[PDB]
Amino acid sequence: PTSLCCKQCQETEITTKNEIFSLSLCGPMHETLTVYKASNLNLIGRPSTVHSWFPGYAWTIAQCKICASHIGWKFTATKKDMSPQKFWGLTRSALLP
Ligand SMILES: O=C1CC[C@H](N2C(=O)c3ccccc3C2=O)C(=O)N1
Ligand SMILES: [Zn+2]
């Protein structure tokens, strides 16, 4: 009901609408959902900063633990003075609804 599930297998809740937050700027200074918390995702490999969509963070591939659908990434801060230190960037089209 606030629940966002893996579109491919529909088994797993990956996150909730309660966890959604925005890193995009609202003044003169979409496709990827950013949430504080997620569940039922397996991380693949090790963090990388290459081509990072969120400067200051590294990314690790995150896939549904059941069906292995590539749902998004875990982003982890490269510096201690950043907040949050970690979040999830999820491909919207990989989630239901
Ligand atoms: O923050 C991110 C997450 C990883 C994402 N990524 C991809 O989706 C991708 C596909 C193929 C080759 C290389 C990449 C890449 O770095 C990307 O470009 N930036
Ligand atoms: Zn799945």
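For reference, positions follow the sequence shown, starting with 1. Just so it is clear, the values below take in all heavy atoms, side chains as well, and ignore hydrogens, waters and symmetry mates. All ligand and atom numbering here is 1-based and tracks the order in the structure.
PDB records give the name of the drug at ligand 1 as S-thalidomide. Here, the chain sharing the greatest number of close atom pairs with S-thalidomide is referred to in UniProt as Protein cereblon.
Using a 4.0 Å heavy-atom cut-off, the binding site of S-thalidomide is formed by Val50, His51, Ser52, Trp53, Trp59, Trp73, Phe75.
Proximity of atom 3 (C) of S-thalidomide to the protein is indicated by at least one non-hydrogen atom lying closer than 4.0 angstrom. Atoms of S-thalidomide lying under 4.0 Å from any heavy atom of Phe75, numbered from 1 in the order shown and given with element: 1 (O).
Looking only at protein heavy atoms, the nearest one to atom 19 (N) of S-thalidomide is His51 O, 2.8 Å. Among all protein heavy atoms, the one lying closest to atom 8 (O) of S-thalidomide is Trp73 CZ2, 3.9 Å. Heavy-atom distances show that, of the Zn(2+)-binding residues UniProt gives for chain A, none lies under 4.0 Å from S-thalidomide.
Protein heavy atoms come within 4.0 Å of atom 17 (C) of S-thalidomide.
Nearest to atom 15 (C) of S-thalidomide among the protein's heavy atoms is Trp59 CZ2, 4.4 Å. Residues of chain A contacting S-thalidomide are concentrated in UniProt domain cult. Residues of chain A that UniProt gives as binding (S)-thalidomide and that have a heavy atom less than 4.0 Å from S-thalidomide: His51, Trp53, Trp59.
Near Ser52, with a cut-off below 4.0 Å to any heavy atom, the atoms of S-thalidomide are 1 (O).
Geometrically, S-thalidomide and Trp53 share a nitrogen or oxygen pair separated by less than 3.5 Å. In this structure no covalent anchor for S-thalidomide is modeled.
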